[PDB]
Amino acid sequence: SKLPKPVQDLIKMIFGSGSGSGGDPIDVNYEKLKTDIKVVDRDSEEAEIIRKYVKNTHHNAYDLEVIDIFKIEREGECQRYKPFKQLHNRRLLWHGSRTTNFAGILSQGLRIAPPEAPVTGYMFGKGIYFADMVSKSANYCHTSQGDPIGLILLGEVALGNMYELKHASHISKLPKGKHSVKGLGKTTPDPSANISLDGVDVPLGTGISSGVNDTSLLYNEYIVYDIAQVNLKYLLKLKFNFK
Ligand SMILES: O=C(c1cc(Cc2n[nH]c(=O)c3ccccc23)ccc1F)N1CCN(C(=O)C2CC2)CC1
């Protein structure tokens, strides 16, 4: 395998041996992801922006520490995103998931739960859910004290005109001219620190009080209902440091 070590370690992490796992070399599993993966240089400004994003948008439970930052390009996704690439309000947002899902997530992308599934466990319907604060997303890694390494995505999400809710709707259907849902949290990143890569907003202000009174959520949530509104950009490998 010519692939860089961090990339090889990641491949190992999300496929894992044992059973029908004594088999399949690194490069074959990599090609299986239908994804280009490059290591973001630790010294890059890209890396600095991302570490600031992690550091600032994070209390109690565990301590997050970045180990590796990967730039990812899933086959065909950028071309799929073109419909929404010139739609106002695009943000770089977090998506955590458990490691065992990342093989599927990288090869198939993030997907909309099938229409037949029941509506419980979908606070804002069957969509793709993001956060503007890593701590929120990082709980969905379900990482343990025993294996305290986790994977979180950063995706460019084309939110457009948001539909702003303080409570669960449980439906996947938006009013006319709304393209996404913003779950309104108590805490929000400080807008005076938000910067703009590309024309994509990176909300890396330190968490402050949002002023929103009557609400269930500690943190904002963002939900889109069309896979073409998501363009995955980075994958972070994170050390969780517990108590
Ligand atoms: O985004 C979600 C999702 C995530 C969650 C949990 C969650 N997980 N991760 C987060 O970063 C996050 C942030 C804010 C709010 C919720 C989350 C709940 C309901 C959901 F439908 N997906 C459902 C599971 N996904 C799939 O691709 C499966 C195949 C259908 C990815 C898309």
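Count residues from 1 along the sequence. FYI, side chains are in, hydrogens and waters are out, and symmetry mates aren't considered; it's all heavy atoms of this structure. If you're wondering, the header gives X-ray crystallography, 2.6 Å. Just so you know, ligand 1 is whichever comes first in the structure, and atom 1 is the first atom listed for that ligand.
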- [ ] Determine which of noscapine, olaparib, momelotinib, ertapenem is the drug at ligand 1.
- [x] olaparib
Task: Binding partner of olaparib (ligand 1) (most contacts, UniProt) - done: Poly [ADP-ribose] polymerase 1, processed C-terminus
- [ ] Please list the residues near olaparib (ligand 1), using 4.0 Å as the heavy-atom limit.
- [x] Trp94, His95, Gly96, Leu110, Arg111, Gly121, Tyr122, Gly127, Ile128, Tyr129, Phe130, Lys136, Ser137, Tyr140, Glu221
TODO: Distance to 0.1 Å, residue and atom name: give those for the protein heavy atom nearest to atom 9 (N) of olaparib (ligand 1).
DONE: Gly96 O, 2.8 Å
Open item on the list: Closer than 4.0 Å to some heavy atom of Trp94 - which atoms of olaparib (ligand 1) meet that?
Closed with: 11 (O)
Task: Those atoms of olaparib (ligand 1) less than 4.0 Å from some heavy atom in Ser137 - done: 10 (C), 11 (O)
- [ ] Number the atoms of olaparib (ligand 1) from 1 as they appear, then name those within less than 4.0 Å of a heavy atom of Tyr122, with their elements.
- [x] 19 (C), 21 (F)
Open item on the list: At less than 4.0 angstrom from any non-hydrogen atom of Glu221, what atoms of olaparib (ligand 1) do you find?
Closed with: 15 (C)
- [ ] Considering the heavy atoms of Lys136, write down every atom of olaparib (ligand 1) situated less than 4.0 Å from one of them.
- [x] 14 (C), 15 (C)
Open item on the list: Would you know which UniProt domain in chain A holds the bulk of residues touching olaparib (ligand 1)?
Closed with: PARP catalytic
Open item on the list: Among all protein heavy atoms in this structure, tell me which lies nearest to atom 1 (O) of olaparib (ligand 1), with the distance rounded to 0.1 Å.
Closed with: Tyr129 N, 2.8 Å
Task: Shared residues: UniProt NAD(+) site in chain A vs. heavy atoms under 4.0 Å from olaparib (ligand 1) - done: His95, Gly96, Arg111, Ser137
Open item on the list: Could you find the nearest UniProt active-site residue of chain A to olaparib (ligand 1) and let me know the heavy-atom distance, rounded to 1 Å?
Closed with: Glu221, 4 Å
Task: Top protein contact for atom 25 (N) of olaparib (ligand 1), by heavy-atom distance - done: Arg111 O, 3.5 Å
- [ ] Quick one: look up the protein heavy atom nearest atom 22 (N) of olaparib (ligand 1) and list residue, atom name and how far away it is.
- [x] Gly127 O, 3.7 Å
Task: Polar contact flag for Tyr140 and olaparib (ligand 1) (N/O pairs, less than 3.5 Å) - done: no
Task: Nearest neighbour in protein (non-hydrogen) for atom 14 (C) of olaparib (ligand 1) - done: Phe130 O, 3.6 Å
